[PDB]
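PRT062607 bound to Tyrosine-protein kinase JAK2.
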Amino acid sequence: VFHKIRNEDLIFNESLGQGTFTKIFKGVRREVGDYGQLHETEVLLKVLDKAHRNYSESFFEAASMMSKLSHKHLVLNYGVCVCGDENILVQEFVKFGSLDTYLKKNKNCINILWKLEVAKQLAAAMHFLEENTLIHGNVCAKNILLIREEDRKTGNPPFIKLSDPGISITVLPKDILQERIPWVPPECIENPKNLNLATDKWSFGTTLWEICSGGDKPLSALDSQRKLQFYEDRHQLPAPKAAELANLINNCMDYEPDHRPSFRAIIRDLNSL
Ligand SMILES: NC(=O)c1cnc(N[C@@H]2CCCC[C@@H]2N)nc1Nc1cccc(-n2nccn2)c1
């Protein structure tokens, strides 16, 4: 499915951090573009750890999911580099990075309208996936990328894209899934094979909580055992201090998966504010 990119056409530059069994770099791809123009394009290079090569299928299936459909709110995958012993996903480089970092850095100048616009865009991307019956499986603020900053001077809203989910929770070790509470929904802690469209509605709620909490991580003070007991006791997240979306967050984070609202209903709710 994926376009194969030669290792020789890729330059690896600085490490940007780590994902689950991955290391992430900024790089450059040399390519021929439209009209035969030569380009040296900034790219995100996502590299599967050699020690976890056994996850390669799920590693690439994540990307393949995103590239099944084309949409203005979904990250572009340029291709893969599987030369030699490396498993590399090549993705569009998104200048302003992921939303959790951006929210933490830019608290003082992010207001409720900015959060509402971003929430609406994420809901639009999820409605598109839901209409296509395509599960994402790892909606969270780290996987939302800021393409364009809000410019109140020209009325331009911010613009985000949803990035790929990474290796699926259906294959990850149990301890990692538990560390990912409360993004991973309770039914998936009970049985990771319970991954379903309803999964994304729960994680969407958790992500809205991040958006409203300046990039804080919900339940970060709880170790894994306490996160588990949080689900066992059927707790909900505290309302963010900016609590405008708190009812929507809790409605999405419904312990009954069948009761979680459709993304059309979610969008209708967002539009009402
Ligand atoms: N498609 C992308 O461009 C992209 C995708 N994912 C991520 N995730 C980042 C890196 C890996 C760990 C998690 C962290 N949120 N960052 C991206 N771009 C980016 C752009 C500017 C700066 C940085 N940056 N500088 C220091 C750290 N991150 C990253």
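Throughout, residue positions are numbered sequentially from 1 according to the sequence presented. Each ligand, and each atom within it, is numbered from 1 in the order the structure gives. The figures here come from the full heavy-atom set of this structure, side chains too, leaving out hydrogens, waters and symmetry mates.
Every copy of PRT062607 considered, the relevant parts of the structure are ligand 1. The heavy-atom binding site of PRT062607 (ligand 1) at 4.0 Å consists of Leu16, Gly17, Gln18, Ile24, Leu44, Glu92, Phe93, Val94, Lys95, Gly97, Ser98, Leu145.
The distance criterion of under 3.5 Å between nitrogen or oxygen atoms is not met by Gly17 with respect to PRT062607 (ligand 1). For chain A, the entry records the source organism Homo sapiens.
Close approach of PRT062607 (ligand 1) to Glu92 is summarised as follows: ligand atoms under 4.0 Å from at least one heavy atom of the residue are 1 (N), 2 (C), 3 (O). Those atoms of PRT062607 (ligand 1) with a heavy atom of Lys95 less than 4.0 angstrom away are 20 (C), 21 (C). Among the atoms of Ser98, some N or O lies under 3.5 angstrom from an N or O of PRT062607 (ligand 1). The distance criterion of under 3.5 Å between nitrogen or oxygen atoms is not met by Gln18 with respect to PRT062607 (ligand 1).
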